[PDB]
> 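Provided herewith is a single structure, encoded as structure tokens, for subsequent inquiry.
Each chain is given a letter, A onward, matching its sequence line's place in the list. Numbers in chain A come straight from the PDB entry, and the residues shown are 22-290, in order. In chain B, numbers come from the PDB entry; the residues present are 22-290, in order. The numbering of chain C matches the PDB entry: 22-290, in order. The numbers used for chain D are those of the PDB entry, and the residues that appear cover 22-290, in sequence. This entry, so its header tells us, was determined using X-ray crystallography, 1.4 Å. Counting convention: from 1, in listed order, for ligands and their atoms alike.
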Number of protein chains: 4
Amino acid sequence: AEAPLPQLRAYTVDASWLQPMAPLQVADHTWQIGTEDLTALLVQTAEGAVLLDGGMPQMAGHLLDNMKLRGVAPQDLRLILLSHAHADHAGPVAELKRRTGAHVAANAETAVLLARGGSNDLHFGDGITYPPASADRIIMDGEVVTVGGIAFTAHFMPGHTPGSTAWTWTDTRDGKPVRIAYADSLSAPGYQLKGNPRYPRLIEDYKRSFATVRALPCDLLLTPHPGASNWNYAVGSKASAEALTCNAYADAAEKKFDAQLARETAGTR
Amino acid sequence: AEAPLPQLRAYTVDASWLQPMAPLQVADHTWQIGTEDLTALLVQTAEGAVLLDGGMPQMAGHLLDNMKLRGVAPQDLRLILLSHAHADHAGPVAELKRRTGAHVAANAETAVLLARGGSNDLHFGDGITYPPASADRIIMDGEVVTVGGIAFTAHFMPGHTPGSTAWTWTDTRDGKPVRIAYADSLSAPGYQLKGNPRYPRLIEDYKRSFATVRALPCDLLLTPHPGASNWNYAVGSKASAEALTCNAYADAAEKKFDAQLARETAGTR
Amino acid sequence: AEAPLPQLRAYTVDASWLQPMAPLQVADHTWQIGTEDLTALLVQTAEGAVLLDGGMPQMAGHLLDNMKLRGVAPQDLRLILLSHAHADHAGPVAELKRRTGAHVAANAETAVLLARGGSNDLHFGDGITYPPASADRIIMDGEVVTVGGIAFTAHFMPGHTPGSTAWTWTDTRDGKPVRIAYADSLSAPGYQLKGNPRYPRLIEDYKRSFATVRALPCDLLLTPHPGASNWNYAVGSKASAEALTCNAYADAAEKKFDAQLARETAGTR
Amino acid sequence: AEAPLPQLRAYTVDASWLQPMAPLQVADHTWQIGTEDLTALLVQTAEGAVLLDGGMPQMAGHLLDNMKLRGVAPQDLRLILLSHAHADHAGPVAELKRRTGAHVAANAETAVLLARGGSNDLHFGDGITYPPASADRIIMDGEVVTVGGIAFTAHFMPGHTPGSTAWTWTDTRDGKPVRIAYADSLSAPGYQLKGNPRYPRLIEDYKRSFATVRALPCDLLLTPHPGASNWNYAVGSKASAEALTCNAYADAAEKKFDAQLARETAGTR
Ligand SMILES: C[C@H](CS)C(=O)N1CCC[C@H]1C(=O)O
Ligand SMILES: C[C@H](CS)C(=O)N1CCC[C@H]1C(=O)O
Ligand SMILES: C[C@H](CS)C(=O)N1CCC[C@H]1C(=O)O
Ligand SMILES: C[C@H](CS)C(=O)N1CCC[C@H]1C(=O)O
Ligand SMILES: C[C@H](CS)C(=O)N1CCC[C@H]1C(=O)O
Ligand SMILES: C[C@H](CS)C(=O)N1CCC[C@H]1C(=O)O
Ligand SMILES: C[C@H](CS)C(=O)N1CCC[C@H]1C(=O)O
Ligand SMILES: C[C@H](CS)C(=O)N1CCC[C@H]1C(=O)O
Ligand SMILES: [Zn+2]
Ligand SMILES: [Zn+2]
Ligand SMILES: [Zn+2]
Ligand SMILES: [Zn+2]
Ligand SMILES: [Zn+2]
Ligand SMILES: [Zn+2]
Ligand SMILES: [Zn+2]
Ligand SMILES: [Zn+2]
């Protein structure tokens, strides 16, 4: 009686990443509409809405529910933007496109990973996947995408994925501008950093990306994993109280990266 | 403490579907190289090999091992053909393409489902998925694909999937021709047959496909699930003893389909 | 001084195919907005517009101009449907998608040809091409697509292309229903009909498609080339006067097909 | 009698770009097999051949002819690499893939442009297009691709296109190593350089790419347009005599770029 091949293993996550929350207002037009521990930002304009990230694949219905609470019908969603195309951020994109008619704008690296459904990941292989989706517009570094007069600027910050992107826009609160920076992850979870044949310039890209994050226009920083920027979505009006600056987020990420690099030289993860 | 969204659920299968077996010769050039309960046929020519189906995603390494036992190095695999693009038959195609340089030939319906990784299935939704892969050649009904002088003919038999295909070729044994028919599944597992908005002509297609299977050139029938044609790969040289004819396979499938249709009218699965 | 390789040759067409016209009303909601000799139908609903075909690639701006004359802003175009994915009918689809955010719904055969930009055509090779575009929804035979409460039904009629489709919907005029049938081309221009290795069942498909066209619900027939159904868009309110029935269109196409088949047997085009 | 829309215009080129030539040996394994004025490099190994660029779409048959003269049958072509995905360098890729079974390896930017057939170009729009093709392997900056033991290293040099790549490998001649650098174009033909909304960091990318080219391992430089590196393929064994170094090629390109930038500030092309 010899061993059969192993069964496929599902991508399972902490319960808080799947815990629905009601819409939490970030600025006049901008709302967190994902789960307690995964960001999905809805930006509402007079000419339709923009969604930045959707979380896990199973979050599609919840996102549509929260859009409805905000007055956004499915067909009112015009545009989906992404931080990076891993299953816990781009998971429901294919379903959202089918149910809303929204288009996706992303850089070429994010587009190719999204079209693979996250398979053949440089570090994860086929372990963390989701339904594939197509990008409808390819964007370049620094390119501006505008919906309802609100301009979103892309800032490439490769490392966590080759296509990792920060998005910036200026909202308002109390009559004053609020420069929002939605910066992507700077983690390298389980990654081989040095001499990686699938990503030879990984270290150089991360190092440049720390600098890119430090330089973002940033009155208020948000991140795909809210804990990375010290947000606590579950506490409502105090959710943003402890939020990091872009400088502090980059500094923390670089210290962690440097320590991980030294541990890899020392033979451990 | 309210319920979080459910975790993703992996596509799990009976252990026998994942139980490796050594190559089992079907005819002079044709070998079963999959698992005990999933067909993957290797056809070896003087100018490279053809693979018809690969089974589950986790079978890629085993298939390459069996190819090596047959004298087929990875780069010797020229062509992948498919019965249908469900995860338990097309599962390892993307990985095989990357590791062998083989091309995929398939009809348009199979190509679109394969490129989705089986997501947005007409009946399964996103429940049964696999790494997406691209077809390199689109084939039409009755089209002949030739490798090393061996001609493979496609016979469309829509129903189980819109792109379901039977493949026929003539091998030899004991100096005599053996017309092999690799006919696709004719099951409708859990499908809504009547008035299905995603497949309005489902019943008409199945009915035509029973006739197509009856008419195949067929000295020896094989099926993606070997039990459907009464093969038992685990018993070696007796594996083919009880194999059905194409007529008998079509008849059994049609009786099951008609009974399921009546049960659906009677309100049950 | 030996001959260089030939220059690329552009797909050039009769001037009337490129001659802009103002919107011509077909029924209460339905307008011809293409050129004098290429159909592009705009169907306007309370929840956005549908475009059936766009003509040649250079027609994108003209279509948007005519949409504006009808009160349809670019973002109001929700859906693009196609008769078949040749350059003179799907030509501007990629550009329209980028400028409107519309989605494309098409069958798998049309989707694969559209994604090739018409290249590797079964009969034309690479001679007649256009910017590639992706389908966003794959439709099956008989499937209903609804926008603003108006239901469009797909009727597959393979032959002219494998993915050739007739679209039907019911509009109104003078308080009475008008069953509109937009039937695809039934021509085989320069095609090898018999024993075509790239389309082995071509004759069988055309023969079935003549029957499909005869059976369409049809108070008013329109065709991608208006002359094929005896429309004359240039004469305004008399444009539809001489229009054929579906029965007469199918009969004329079948007689032409049978004559061409006999000429092919007799060695001529 | 008002003007019809303009006819489509073919991409026409100088006759020398389409003038076939016999294979010209560059090093022990490496041959120029394109036309007098467009590079297409064949690298022949014990385990199959690599093609770097193919020229214009109409060059497919000529390339296959020259491969045959070199002893390379169609199925012996294993891999296609590209400098950049414009019609005059990637033109015949789709056809070559269909006729050889070769795979394409390219970066994400090149993959997305190739899959568009060069349409929606950042600078050319839809004016310069070719049959779309899919990449089979996505490569990263500095990644090594190996065929028959010969290692090809990718060096990203964005500017002329976002995906512009230099490829390096070490061949031999007279028992000594020859480090070959196939560097992409550094021209900006008709491009808006400053404040280009579709390429906001164009100038920064070109400036970094001049430095990348200067730093390439380079005993012998070749370029997609041979005149850019002072090759003259038509003079046979003297073809390489006047070839530039990488330093000189970068310097000439940067001086031209700086002059064009000043002219753009001065309001001219
Ligand atoms: C695989 C692609 C996304 S990358 C997809 O979902 N498509 C491509 C064509 C239509 C639609 C579908 O199959 O439903
Ligand atoms: C959180 C990341 C995605 S940003 C992830 O999925 N990881 C991190 C490494 C492994 C894998 C997992 O959770 O299983
Ligand atoms: C999503 C497609 C298959 S349908 C894919 O895997 N591609 C497309 C381009 C290259 C390669 C890859 O991303 O590795
Ligand atoms: C055997 C089929 C594929 S041919 C399958 O995966 N089924 C049948 C219906 C449900 C699902 C499952 O096993 O979970
Ligand atoms: C080639 C595809 C259509 S079949 C395309 O245009 N795409 C695919 C991703 C984004 C967009 C683009 O490149 O502009
Ligand atoms: C009218 C058809 C498309 S429906 C066409 O483009 N043809 C017909 C055959 C040749 C080619 C041409 O006009 O050059
Ligand atoms: C459009 C793609 C290349 S990007 C293509 O040619 N395909 C995709 C599937 C098969 C093959 C074909 O249609 O011939
Ligand atoms: C030589 C370049 C491609 S590298 C080209 O095609 N150009 C340069 C600008 C215009 C266009 C043309 O020849 O028409
Ligand atoms: Zn991630
Ligand atoms: Zn994550
Ligand atoms: Zn199945
Ligand atoms: Zn199965
Ligand atoms: Zn046509
Ligand atoms: Zn036409
Ligand atoms: Zn170029
Ligand atoms: Zn060029």
> What macromolecule, as named in the PDB entry, provides the greatest number of contacts to ligand 8 in this entry?
Putative metallo-beta-lactamase l1 (Beta-lactamase type ii) (Ec 3.5.2.6) (Penicillinase)
> Give the name, out of BMS-564929, S-econazole, L-captopril, of the drug at ligand 8.
L-captopril
> Give, by letter, every other chain that has a heavy atom closer than 4.0 Å to L-captopril (ligand 8).
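Non-hydrogen contacts: D.
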> For atom 8 (C) of L-captopril (ligand 8), what is the nearest protein heavy atom, given as residue, atom name and distance?
D:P210 CB, 3.5 Å
> Enumerate the atoms of L-captopril (ligand 8) whose separation from the nearest heavy atom of D:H246 is less than 4.0 angstrom.
4 (S)
> Which bit of D:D109 is near L-captopril (ligand 8), meaning a heavy atom under 4.0 Å away: side chain, backbone, both or neither?
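Under 4.0 Å from L-captopril (ligand 8), D:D109 contributes side-chain atoms alone.
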> Can you find an N/O atom of D:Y32 closer than 3.5 Å to an N/O atom of L-captopril (ligand 8)?
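Yes - when backbone and side-chain N and O of D:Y32 are compared with those of L-captopril (ligand 8), one distance drops under 3.5 Å.
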> Hey, which organism does the entry list as the source of chain D?
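Going by the entry: Stenotrophomonas maltophilia (strain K279a).
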> Which of the other ligands and ions shown lie less than 4.0 Å away from L-captopril (ligand 8)?
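I find ligand 15 (zinc ion), ligand 16 (zinc ion).
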> Would D:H181 count as a contact of L-captopril (ligand 8) if the rule is a heavy atom under 4.0 Å away?
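It does; at least one heavy atom falls under 4.0 Å.
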> For L-captopril (ligand 8), note which part of D:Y212 has a heavy atom under 4.0 Å away: side chain, backbone, both or neither.
neither
> Among all protein heavy atoms, pick out the one at the shortest distance from atom 11 (C) of L-captopril (ligand 8); state its residue, atom name and that distance to 0.1 Å.
D:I149 CD1, 3.4 Å
> Among protein heavy atoms, which lies nearest atom 1 (C) of L-captopril (ligand 8), and at what distance?
D:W38 CH2, 3.7 Å
> Mind pulling out the residues near L-captopril (ligand 8)? I'm using a 4.0 Å cut-off on non-hydrogen atoms.
D:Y32, D:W38, D:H105, D:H107, D:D109, D:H110, D:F145, D:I149, D:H181, D:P210, D:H246
> Write out each pair where an N or O from L-captopril (ligand 8) and one from the protein are under 3.5 Å apart, with the distance.
residue: L-captopril (ligand 8); atom: 6 (O); partner: D:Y32; partner atom: OH; Å: 2.9

